[PDB]
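Report on the structure given below.
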Number of protein chains: 2
Amino acid sequence: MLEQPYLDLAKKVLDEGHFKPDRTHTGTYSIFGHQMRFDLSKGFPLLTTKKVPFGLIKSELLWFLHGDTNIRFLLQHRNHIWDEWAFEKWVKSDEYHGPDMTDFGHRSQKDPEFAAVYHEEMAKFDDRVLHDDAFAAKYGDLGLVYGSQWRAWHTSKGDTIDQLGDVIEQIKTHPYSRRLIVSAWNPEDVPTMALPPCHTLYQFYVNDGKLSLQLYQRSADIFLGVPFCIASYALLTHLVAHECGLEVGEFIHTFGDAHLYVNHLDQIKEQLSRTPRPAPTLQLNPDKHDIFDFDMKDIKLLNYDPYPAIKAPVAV
Amino acid sequence: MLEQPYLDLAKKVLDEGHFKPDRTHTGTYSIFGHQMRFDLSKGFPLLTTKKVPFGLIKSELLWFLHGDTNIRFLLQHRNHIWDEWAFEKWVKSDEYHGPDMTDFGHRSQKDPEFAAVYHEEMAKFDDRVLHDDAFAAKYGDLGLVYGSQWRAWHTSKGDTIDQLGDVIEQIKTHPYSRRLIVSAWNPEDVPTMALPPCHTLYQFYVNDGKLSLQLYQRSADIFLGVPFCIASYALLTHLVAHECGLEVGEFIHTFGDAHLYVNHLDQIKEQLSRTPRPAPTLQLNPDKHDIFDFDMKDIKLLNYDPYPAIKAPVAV
Ligand SMILES: C#CCN(Cc1ccc2[nH]c(N)nc(=O)c2c1)c1ccc(C(=O)N[C@@H](CCC(=O)O)C(=O)O)cc1
Ligand SMILES: C#CCN(Cc1ccc2[nH]c(N)nc(=O)c2c1)c1ccc(C(=O)N[C@@H](CCC(=O)O)C(=O)O)cc1
Ligand SMILES: O=c1ccn([C@H]2C[C@H](O)[C@@H](COP(=O)(O)O)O2)c(=O)[nH]1
Ligand SMILES: O=c1ccn([C@H]2C[C@H](O)[C@@H](COP(=O)(O)O)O2)c(=O)[nH]1
């Protein structure tokens, strides 16, 4: 089965993972250096042993591909994955006149009524973003996110480089190149970032008319993150390929610090009692070729028969 | 035996490696995505199945650790690994009055007498570098090399960041961090570089009082390059550890495009007929702790009993 590597990584961490604490003060089980391989010609690696929302995955990837960094687009697509980051900037800034949200993410799990106040406060902020173009302009723009890291790298001369755009052009002109790399790591920015990119660097490769892609993830949440990441990068390996007119080869996920939060142990064991079903299948619109102009309707997932969704808490 | 992974990578490429040409127009056998693991507590990974020059490895690493980018230091240490790059800039510039060296690297293998002319021309340039401080200042400074990428990253504000310096400080204050990353990839520079860094990115990790390091190599010459690289990065994992007062764990070498030049096939097979001996041992000076102030005499390699050196041609 196509998703075996993910189960193995999960089992493995459970078995060889050494205890290791972190920022959130919640302990974890970590390993260092791992590498999975998913033959993308066998099917699309969307977990069948637990329901993963492909809709959110598409929304987020297209956002990146547009070089966009404002929440407004994602919001219009019912995507709220990046809300806390915008919200957090709104609460620590001027004008915010409302219940003190200091430590909203952490407290939400503990104070019940607080969760109520915060959830509506959030609901309001999002509405303002979504409608007040002025507000969106200053609170919905996350700044340094994958969208601007891949397609608008700031140069020392006050200019901008479209890493993804250029790399794609190169795949077309020099497929056998070894410099097909897109970095999301800027030494100038990381020192003062809310969250340096976990999806640190990827590189393309072409051989036998097939496109492959390797992603280097400095840090991974095996339960919550990895499941999205695989699908997210597997989608791109499909997009770029389609555009360049190659076939799809395999996705290679290399890990730095792969961990499993102690509060996710039961749930992950719960998933390990499942037997993966046949993998779903991606269907891309044949009329469109400019991935930069792709839309939600141009990507279709067929035969997605998963197990119910396994619920687990976000440990900040 | 400690170096088994390297043999396996070699055998593997020979067995699953698909043909793939490149810039030098010499064909290669490539694979995409590999990952070796060397437990550094078992010994120092310097190849015993073929003599590797640890002297050059030390010279080069210290050069990097000093944030230096000029050939003069390396020259004083009889190191000529980076000569062609300096020489190449001298020949394509003004003032060069002598035999046209256009395509010296490639031609050297073909025109015998040419090799003679070029070799002495080189000998002269190096002497000028080594003695004329003015000359060295403009022809010996390679510019963007690991030394300035690790310890003098140019920011958009015309400043400079000491990635290595800072990361080291972090290991001391926050060992369990997942942001211990040093990048040698600058999207602003790669577009116009003679050779973008093959040793693209490394990340540190600390657990159980042991320091580990993973290196991401976008491109590798399995015969000539990989042997140096392992030892080079294994030395650093030892240096930083010593400084931070941790123990050494393991070195993890992840590969993007790992290849074997077609003109190295015989020689690599030749090496595969060998049986690795016990690994050598690194001995660091206990009195010094500032790796930035380390010198050739502060690093000692014990029990290095290798097989003779296997000769193979440099395919540009
Ligand atoms: C993906 C991604 C990158 N990111 C950014 C990001 C930031 C910090 C992180 N912290 C940790 N430990 N793991 C992560 O996956 C993680 C991811 C995400 C951020 C939020 C959600 C999210 O809210 N959805 C969760 C929980 C939903 C809920 O509360 O019910 C989910 O399970 O999908 C998902 C991903
Ligand atoms: C190391 C490194 C990075 N580098 C930079 C660099 C640049 C282009 C490359 N090209 C290829 N195919 N492989 C490499 O290892 C390589 C390395 C090196 C550059 C030169 C030598 C060198 O001259 N020594 C060779 C050959 C010596 C000889 O001519 O006799 C050797 O075998 O050591 C070694 C390493
Ligand atoms: O695909 C993803 C994206 C983000 N994160 C996680 C990584 C860390 O658990 C946390 C960020 O903490 P640091 O690694 O930066 O310390 O967010 C993932 O696990 N997977
Ligand atoms: O440790 C090292 C350093 C450099 N090179 C090689 C990689 C490529 O063979 C060549 C550079 O060519 P590109 O990958 O940039 O095309 O130099 C290595 O193999 N190993």
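Lettering follows sequence order; numbering is per chain, from 1. Numbering of ligands and ligand atoms starts at 1, following listing order.
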message = Could you tell me which macromolecule makes the most contacts with ligand 2 here? Its name in UniProt would be great.
response = Thymidylate synthase
message = Not sure I'm reading this right - what drug is at ligand 2?
response = CB3717
query = With a 4.0 Å cut-off on heavy-atom distances, which other chains neighbour CB3717 (ligand 2)?
reply = B
ask   = In chain B, which UniProt active-site residue has a heavy atom closest to any heavy atom of CB3717 (ligand 2), and what is that minimum distance to 1 Å?
value = B/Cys198, 6 Å
key: Identity and separation of the nearest protein heavy atom to atom 5 (C) of CB3717 (ligand 2)   = B/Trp85 NE1, 4.5 Å
query = Purely on distance, is any nitrogen or oxygen of B/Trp82 under 3.5 Å from one on CB3717 (ligand 2)?
reply = no
ask   = What ions or other ligands lie within less than 4.0 Å of CB3717 (ligand 2)?
value = ligand 4 (2'-deoxyuridine 5'-monophosphate)
message = Protein heavy atoms near atom 16 (C) of CB3717 (ligand 2), is at least one of them under 4.0 angstrom away?
response = no
Nitrogen or oxygen of B/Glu60 less than 3.5 angstrom from that of CB3717 (ligand 2) = no
message = Starting from atom 33 (O) of CB3717 (ligand 2), what is the nearest protein heavy atom, named by residue and atom, and what distance separates them?
response = B/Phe228 CZ, 3.4 Å
message = Within the protein, is there a heavy atom lying under 4.0 Å from atom 31 (C) of CB3717 (ligand 2)?
response = no
ask   = Would a 4.0 Å cut-off, counted as strictly less than, catch a protein heavy atom around atom 26 (C) of CB3717 (ligand 2)?
value = yes
B/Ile81 contact mode with CB3717 (ligand 2) (heavy-atom cut-off under 4.0 Å) = both
key: CB3717 (ligand 2): binding-site residues, heavy-atom cut-off 4.0 Å   = B/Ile81, B/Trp85, B/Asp221, B/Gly225, B/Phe228, B/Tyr261, B/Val314
